[PDB]
There are 2 protein chains.
Amino acid sequence: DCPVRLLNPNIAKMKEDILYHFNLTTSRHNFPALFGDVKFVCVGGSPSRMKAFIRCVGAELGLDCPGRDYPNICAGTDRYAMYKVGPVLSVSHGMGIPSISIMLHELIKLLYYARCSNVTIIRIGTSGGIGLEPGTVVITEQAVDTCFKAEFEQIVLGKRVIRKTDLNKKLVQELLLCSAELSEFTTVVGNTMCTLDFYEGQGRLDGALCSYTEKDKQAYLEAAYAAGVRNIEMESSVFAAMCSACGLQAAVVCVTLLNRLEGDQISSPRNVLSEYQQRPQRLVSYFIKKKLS
Amino acid sequence: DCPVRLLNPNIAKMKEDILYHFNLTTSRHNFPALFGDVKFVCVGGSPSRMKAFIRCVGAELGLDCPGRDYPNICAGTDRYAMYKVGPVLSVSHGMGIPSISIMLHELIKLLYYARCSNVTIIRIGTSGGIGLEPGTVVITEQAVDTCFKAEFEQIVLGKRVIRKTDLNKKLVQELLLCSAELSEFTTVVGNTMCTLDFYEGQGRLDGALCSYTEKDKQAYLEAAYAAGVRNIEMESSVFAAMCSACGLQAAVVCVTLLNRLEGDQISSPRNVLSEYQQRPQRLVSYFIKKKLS
Ligand SMILES: O=c1[nH]cc(F)c(=O)[nH]1
Ligand SMILES: O=c1[nH]cc(F)c(=O)[nH]1
């Protein structure tokens, strides 16, 4: 019903397209036959988390056959990993705007060549909370910049280009509904601030560099909280400004690993942090199951 | 002689430090005993490229003993891989400014706790060339922004903070020296433009998004060429801005994978691309064997 579209008049004249970072080529691969049935894409930082995600949702849908694995569709490259089970695609994206950008440029063309339509895309990951207990799942209402505005800036040919961040409201609602049914963890809906640096960029005091005080930070965070911000991470803004523009329905679901009003160090036991990081997976695999039933 | 320093008062007050992304902590690890003897750090995108590097410099230094390999010091995470042979450290950094910044904050802190001094740090990578044949090695004179200036801008508590990019001039001459001795491939010195996006960020026409034309790309790449730029990549600017400020001598050495005046697609056969990628490694590992002879 709603096809994945590119916003680029230069693609039609190309004889082939090398998705360099995926190690996939329009000449070597039957894209419509490989990926044409994709309806749900889950993305996150880590290749192992994304394979775990693909195993878990394969089980949830019961396409989980005994023994056998989900091959890395991008095995051979080491930039991104990719997995698939029925209409679900799993894709790692590393850390930061540039890393997910490259993945998203290539994934969106991949889906376009595959002539995919009605695609829901969900980012799962981790974040720092503002005024939330650690381990809280935040469903992102708006992906915002460091002014707390629903905007994404990039430089194109030396000029600053402002594009809007848009996450699907209906999708936000569906995921919230799912979480109240599950009732396995605190879930909130808030704005998510995207940064280009984890230390000075997130107002941390424990970096190799720090140009400000404990109270400069505290007052920036409180300002953020007042403007609707509930968490902080590194990939939401570019994700929200590309997916919508290309006809994907996008959501972001992150767990908080700490409350940033109370500290900076991520000091919880490994096991606790591990339990926290299952939570976006749990919510999103359950949501996919509920949508495909 | 010259110690690795931090530009952060809050670090001495701290009782313990968790290097979250390395899975290293002061409370579990002996930093001087682990890393005190490190004099050279080589950084690059991929874990497997950085393992191949430690093996190569190991061989070069004659510390290549029969059979055994190099344990990943950061095993148990998948953010960054890290390897050591004698006084050389090898650390991967993934893709983009944010990925390498996180690595750099925690790496500099790691060198500090280890009481390291006289540390030379080199980035080896890949890049798109401007007016150079594919496979040319570029030693970066200045890491520049998208207006061709030796500055790195980040946002700190909502505010634009501009720092200078500084790459060691003597180090550039030393690397060039080694290249003239080796005489195994074309080596140029020039400026490197760091970008936040591989497609539109670098004036490519083949992204999922493109508002401009061939003529626009061409004029922007020419303007860059006239301002000293010979190659384009994604990590040099934050690298150049952080390393020197913290008392490390920094260099960037990238091979070009294509000539951007001629195209955007990376269509060289895989084996050709591999040969190209061994080149910065060849030069840097030889530089290191030379400094330690
Ligand atoms: O970008 C972030 N990711 C995860 C965190 F815990 C955090 O504080 N910031
Ligand atoms: O950032 C880049 N790395 C490698 C390339 F070939 C290129 O064009 N751009």
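Within every chain, numbering begins at 1; the chains are lettered A, B, ... in the order of the sequence lines, protein sequences first and strands thereafter. Counting starts at 1 for both ligands and their atoms, in listed order. The figures here come from the full heavy-atom set of this structure, side chains too, leaving out hydrogens, waters and symmetry mates.
- Out of fluorouracil, gaboxadol, theophylline, tiopronin, what sits at ligand 2 is fluorouracil.
- Structurally, the main neighbour of fluorouracil (ligand 2) is the chain that UniProt identifies as Uridine phosphorylase 1.
- Every other chain with a heavy atom under 4.0 Å from fluorouracil (ligand 2) is named here: B.
- Contact annotation for B/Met95 and fluorouracil (ligand 2): no heavy atom of the residue comes within less than 4.0 Å of the ligand.
- In terms of protein heavy atoms, atom 8 (O) of fluorouracil (ligand 2) is closest to B/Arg204 NH2, 2.9 Å.
- The nearest heavy-atom contact from the protein to atom 7 (C) of fluorouracil (ligand 2) is B/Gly128 N, 3.4 Å.
- Against a heavy-atom cut-off of under 4.0 Å, B/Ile232 is close to the following atoms of fluorouracil (ligand 2): 1 (O), 2 (C), 9 (N).
- When the options B/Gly203, B/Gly129, B/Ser127 are ranked by their closest heavy atom to atom 3 (N) of fluorouracil (ligand 2), first place goes to B/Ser127.
- At a heavy-atom distance under 4.0 Å, only side-chain atoms of B/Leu258, from C-beta outward, approach fluorouracil (ligand 2).
- With a cut-off of 4.0 Å on heavy-atom distance, the UniProt-listed phosphate-binding residues of chain B close to fluorouracil (ligand 2) are: B/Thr126.
- Ligand-side atoms of fluorouracil (ligand 2) in range of B/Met234: 1 (O), range being under 4.0 angstrom from any heavy atom.
- Under 4.0 angstrom from fluorouracil (ligand 2), the non-hydrogen atoms of B/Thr126 come from both its backbone and its side chain.
- Entry annotation: chain B, source organism Homo sapiens.
- Those atoms of fluorouracil (ligand 2) with a heavy atom of B/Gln202 less than 4.0 angstrom away are 1 (O), 2 (C), 7 (C), 8 (O), 9 (N).
- Of all atoms in fluorouracil (ligand 2), listed by their number and element, those nearer than 4.0 Å to a heavy atom of B/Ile266 are 6 (F).
- Under a heavy-atom cut-off of 4.0 Å from fluorouracil (ligand 2), the UniProt uridine-binding residues of chain B that qualify: B/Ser127, B/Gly128, B/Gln202, B/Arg204.
- Residues in other chains coming within 4.0 Å of fluorouracil (ligand 2) by heavy atoms are B/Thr126, B/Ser127, B/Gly128, B/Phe198, B/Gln202, B/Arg204, B/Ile232, B/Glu233, B/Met234, B/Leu257, B/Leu258, B/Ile266.
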